[PDB]
Trainee: 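The structure is given below, and queries will be raised subsequently.
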Amino acid sequence: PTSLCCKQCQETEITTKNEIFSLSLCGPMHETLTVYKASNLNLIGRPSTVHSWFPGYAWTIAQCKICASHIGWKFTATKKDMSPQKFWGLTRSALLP
Ligand SMILES: O=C1CC[C@H](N2C(=O)c3ccccc3C2=O)C(=O)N1
Ligand SMILES: [Zn+2]
């Protein structure tokens, strides 16, 4: 009901609408849903900064633990002074609803 599940298998809650936050800037200074917390995702490989959509963070591929759908990435901060130190960037179209 606040629940966002893997679209492919519909078994797993991946996150909730409660966890949604926005790193995008609201002044003169979408497709990716960023959430503080998520569940039921397996991380693949190791963090990389190449082409990172969120400068300062590295990414690790995250897939649904049940059906292996590529749902998004775990983003991890490269510096200790950043907040959050970690979040999830989730492909909206890989989630239901
Ligand atoms: O922060 C991110 C997550 C990974 C994402 N990524 C991809 O989605 C992709 C597809 C094919 C070749 C290379 C990449 C790449 O780095 C990307 O470009 N930046
Ligand atoms: Zn799944």
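Using the PDB entry numbers, chain A covers 321-349, 360-427, in order. Whatever order the structure lists them in is the order used to number ligands and atoms, beginning at 1.
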Trainee: I can't remember which of S-thalidomide, XL413, CHF5074 is at ligand 1. Can you help?
Mentor: S-thalidomide
Trainee: Report, by its name in UniProt, the chain making the most contacts with S-thalidomide (ligand 1).
Mentor: Protein cereblon
Trainee: Determine, counting only non-hydrogen atoms of the protein, whether one lies under 4.0 angstrom from atom 7 (C) of S-thalidomide (ligand 1).
Mentor: no
Trainee: Would you mind checking which non-hydrogen protein atom is closest to atom 15 (C) of S-thalidomide (ligand 1), with the distance to 0.1 Å?
Mentor: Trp389 CZ2, 4.4 Å
Trainee: Tell me which UniProt domain of chain A holds most of the residues near S-thalidomide (ligand 1).
Mentor: cult
Trainee: Starting from atom 19 (N) of S-thalidomide (ligand 1), what is the nearest protein heavy atom, named by residue and atom, and what distance separates them?
Mentor: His381 O, 2.9 Å
Trainee: For atom 13 (C) of S-thalidomide (ligand 1), state whether the nearest protein heavy atom is under 4.0 Å away.
Mentor: no
Trainee: Identify the organism of origin of chain A according to the PDB entry.
Mentor: Mus musculus
Trainee: Just need the protein heavy atom nearest to atom 1 (O) of S-thalidomide (ligand 1), so name the residue and atom and give the distance.
Mentor: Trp383 N, 3.0 Å
Trainee: With backbone taken as N, CA, C and O and side chain as the heavy atoms from C-beta onward, which portion of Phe405 lies under 4.0 Å from S-thalidomide (ligand 1): side chain, backbone, both, or neither?
Mentor: side chain
Trainee: Checking heavy atoms only, which UniProt-annotated (S)-thalidomide-binding residues of chain A fall inside 4.0 Å of S-thalidomide (ligand 1)?
Mentor: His381, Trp383, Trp389
Trainee: Which residues from other chains neighbour S-thalidomide (ligand 1) at a non-hydrogen distance under 4.0 Å?
Mentor: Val380, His381, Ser382, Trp383, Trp389, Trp403, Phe405
